[PDB]
Every structure is written in C-alpha cells, then in structure tokens.
Amino acid sequence: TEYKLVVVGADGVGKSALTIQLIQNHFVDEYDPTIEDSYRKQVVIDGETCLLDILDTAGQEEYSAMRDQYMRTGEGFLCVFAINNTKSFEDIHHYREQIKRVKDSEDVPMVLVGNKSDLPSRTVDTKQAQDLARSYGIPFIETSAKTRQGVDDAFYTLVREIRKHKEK
Ligand SMILES: C#Cc1c(F)ccc2cc(O)cc(-c3ncc4c(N5C[C@H]6CC[C@@H](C5)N6)nc(OC[C@@]56CCCN5C[C@H](F)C6)nc4c3F)c12
Ligand SMILES: Nc1nc2c(ncn2[C@@H]2O[C@H](COP(=O)(O)OP(=O)(O)O)[C@@H](O)[C@H]2O)c(=O)[nH]1
Ligand SMILES: [Mg+2]
C-alpha cells in the first residue's frame with residue numbers, strides 16, 4: 001500500500017518535472033528549483049492499490065540529523081540524472097552513497113533514471129548508464145518528463161523493486 005519514494009538527483013536533471021508528470025500527467029516548464037516537496041499518487045500497480053508518497057528532493061545541500069531520519073523513512077529511491085549533463089551522471093554515485101549511509105543497508109531499492117531523453121544533446125551513453133546500473137544491482141530507465149516516456153515505468157519499477165526487497 002504505502003511506499004515512500006525519493007526522487008534524488010542534482011539540481012536541474014528534471015526531478016520535479018518527473019514528479020509533476022506522474023502526479024498530474026503534464027509537463028511543467030518552470031517548477032521552483034528551490035522547492036523540495038512531497039506528493040502522493042494513488043495508483044494501482046500490478047493489482048495492488050499503492051499510495052506512492054514521492055519526495056522531490058530539491059533545495060540546498062544540508063545533512064542535519066533531522067534530514068537523515070527523514071531519508072531513512074524513504075523506502076525506495078529514483079537516482080535521476082540527465083542525458084544532457086555529465087556532472088549529473090557523475091553525481092549518481094554521490095546520491096547512492098548517502099542512501100547506503102542513511103539506510104544502514106547495502107540492499108536498498110533504487111532505480112537509475114536517465115531523464116531528458118528527448119533532447120538531442122546526449123552526453124551520457126546508454127551503455128554507461130547500463131554499466132552504472134549493472135554495477136549497483138539496480139534497473140536503468142531512460143525517461144522524458146516532457147513526453148512522459150518511461151515515467152510510469154520508472155516509478156512502477158522502483159515499487160516492484162521495493163516489492164522484491166520485502167519478500168526478502
Ligand atoms: C540527496 C540526498 C540524500 C539521500 F539520497 C539520502 C539521505 C540523505 C541524508 C542527508 O542528510 C542529506 C541528503 C542530501 N540532501 C540534499 C543534498 C543536496 N541538496 C542540494 C541541491 C542539489 C540537490 C538538491 C538537494 N539541491 N545536494 C547534494 O549533493 C550534491 C553534490 C553536488 C555539490 C556538492 N555536493 C556534494 C556531492 F559531490 C554532490 N546532496 C544532498 C544530500 F545528500 C541525503
Ligand atoms: N526537454 C526536457 N526538459 C526537461 C525534462 N525534465 C526537466 N526539464 C527541464 O529542466 C528544467 C529543470 O528541471 P527541474 O524539474 O526544475 O529539475 P530539478 O531542479 O532537478 O527539480 C526545467 O525548466 C524543465 O523544463 C525533460 O524530460 N525534457
Ligand atoms: Mg526541482
């Protein structure tokens with residue numbers, strides 16, 4: 001039923017666009033980059049009604065004790081980079097290690113997301129992202145918030161992952 005998802009990623013990669021697409025089915029062209037906020041979507045995934053509580057983490061860099069305990073209640077994570085930025089791909093490792101830290105676990109459900117797949121300025125290879133996703137034991141998804149491609153499939157896969165982490 002309830003699954004706390006966290007869309008992590010560097011400023012700009014389209015975490016808020018991928019949030020507002022899953023929740024409202026439209027491309028927002030200007031969501032405040034200083035606004036970090038949570039959003040729930042009741043969707044039915046594979047027979048089971050699921051209240052996905054998605055946190056779009058997007059503000060300033062803080063690491064308070066409050067924020068640890070907060071991201072430790074996050075059960076699953078979308079590591080969101082943009083195909084049109086390399087720093088955004090190199091930041092995916094950083095996000096994964098903050099998750100491994102706050103979760104005290106090597107085995108936390110994650111899904112690599114190569115956002116902005118519609119732009120013709122690919123700087124991050126699909127092989128790279130598959131290589132980075134195969135080293136983590138996580139699925140890799142290429143998405144487009146502008147065109148919703150892979151959006152559902154991304155968040156849905158993450159919950160399928162979280163489903164598989166619970167039967168373990
Ligand atoms: C996330 C998360 C995160 C998790 F998944 C899990 C647990 C966490 C527990 C924390 O206590 C705290 C976090 C946490 N919260 C906010 C961060 C952040 N703010 C700044 C901007 C860019 C995103 C958004 C959010 N707005 N930015 C960067 O890291 C980016 C880089 C780029 C410049 C320097 N830093 C150091 C690294 F090299 C990479 N990390 C952040 C971070 F860990 C956590
Ligand atoms: N073309 C395209 N632009 C995107 C996509 N996702 C986000 N953007 C753009 O990237 C900019 C910043 O994205 P935002 O959602 O603010 O990312 P955040 O700062 O990581 O939350 C926005 O102006 C969006 O128009 C996408 O899939 N395709
Ligand atoms: Mg944002």
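When a residue number appears, it is its place in the shown sequence, counting from 1. All ligand and atom numbering here is 1-based and tracks the order in the structure. Per the header of the entry, the method used was electron crystallography, 3.0 Å.
By its PDB name, the drug at ligand 1 is MRTX1133.
The chain in largest contact with MRTX1133 bears the name, in the PDB entry, of KRAS proto-oncogene, GTPase. With non-hydrogen distances under 4.0 Å, the site around MRTX1133 consists of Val8, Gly9, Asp11, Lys15, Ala58, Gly59, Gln60, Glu61, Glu62, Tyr63, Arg67, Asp68, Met71, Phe77, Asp91, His94, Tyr95, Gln98, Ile99, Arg101, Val102.
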